**Student:** 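Looking at a model with PF-06463922; I have a few questions.
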Amino acid sequence: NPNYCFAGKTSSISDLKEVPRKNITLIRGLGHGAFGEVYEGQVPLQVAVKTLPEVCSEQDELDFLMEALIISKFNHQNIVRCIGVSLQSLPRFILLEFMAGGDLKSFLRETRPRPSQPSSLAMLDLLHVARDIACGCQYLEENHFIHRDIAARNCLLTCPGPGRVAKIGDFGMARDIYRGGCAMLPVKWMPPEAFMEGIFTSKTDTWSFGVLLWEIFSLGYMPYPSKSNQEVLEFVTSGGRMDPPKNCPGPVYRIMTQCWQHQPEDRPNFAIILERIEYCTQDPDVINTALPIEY
Ligand SMILES: C[C@H]1Oc2cc(cnc2N)-c2c(nn(C)c2C#N)CN(C)C(=O)c2ccc(F)cc21
């Protein structure tokens, strides 16, 4: 059975916390992917249940196992907790911290300020989400883990309302690479050396975080609007970068453009990104900036 190494320790399937199946109740579907369903569950501990299809390959099984190992080994407030697993019964379960706010992309789109609720969100809310995820990314960086797929679709929120905390909630790409196709690669989140050379470092995630920042401050738009993957690949390789999201303060856009420096050595590490995000939250002219209310 497969092993996983993180920090200075090596772990095994036998290390995962197995929860007896009889203690687990499924409540409702949470919007299931195209491979594996996700449910709200109870163990009365509230959890999210990620399932493995009983109709799957040998590699599917091992991928599912690896994901559990990866998430169970992290210990940070901005990475979702793994409650445990139920692997000895079928279909197999991974039990995660329940994040009632859902994924970040849907949240941003669903919670955009509107004529009905014109103050659903403010600039400081967006800066706090970005700070939360940057804090998770800094943890990964200082522990030498490369996520490879930092994007709003892979972040979750503890709740819809003001006290929300954002966390990285999916590690499927890092799992795939740890051991597929061109049209499935998230090229719109990738730096040139990543999609040209297949070189990944912590500065890979820095670039992707810049794109996440744009997703956040655009309130859930798809990156490079109207551009296809190949067009973006050629655009970015030639020095092209996204314009500021609508109403985006200059100090915030400046963080994005630094994350997108062509040379990875010219891009900030996450300690520096965090310092700059914090300076934005202190600037009244940033946080007093009104977000666009779409009619
Ligand atoms: C594995 C899954 O985890 C959770 C999903 C949810 C809550 N808590 C956890 N742990 C969730 C979602 N939507 N809604 C309405 C809820 C609720 N309540 C998002 N979703 C369907 C996903 O598949 C998904 C997407 C991204 C990601 F990073 C992890 C996940």
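Note that the numbering runs from 1 along the sequence shown for the chain. One-based numbering, in listed order, for ligands and for the atoms of each.
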**Student:** Which macromolecule here is the main partner of PF-06463922 by heavy-atom contacts, as listed in the PDB entry?
**Tutor:** ALK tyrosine kinase receptor
**Student:** Give the UniProt domain of chain A with the most residues touching PF-06463922.
**Tutor:** Protein kinase
**Student:** Which one holds for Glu97 and PF-06463922: side chain close, backbone close, both close, or neither close, with close meaning a heavy atom under 4.0 Å?
**Tutor:** backbone
**Student:** When you measure from atom 28 (F) of PF-06463922 to every protein heavy atom, which one gives the shortest distance, and what is it?
**Tutor:** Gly169 C, 3.0 Å
**Student:** Please state which part of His32 comes within less than 4.0 Å of PF-06463922, counting heavy atoms only: side chain, backbone, both or neither.
**Tutor:** neither
**Student:** For atom 15 (C) of PF-06463922, grab the closest protein heavy atom and report residue, atom and distance to one decimal in Å.
**Tutor:** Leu30 O, 4.1 Å
**Student:** Could you tell me which atoms of PF-06463922, counted from 1 in the order shown, lie closer than 4.0 angstrom to a heavy atom of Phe98?
**Tutor:** 8 (N), 18 (N)
**Student:** Indicate, as side chain, backbone, both or neither, the part of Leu156 found under 4.0 angstrom from PF-06463922 when only non-hydrogen atoms are considered.
**Tutor:** side chain
**Student:** What source organism is recorded in the PDB entry for chain A?
**Tutor:** Homo sapiens
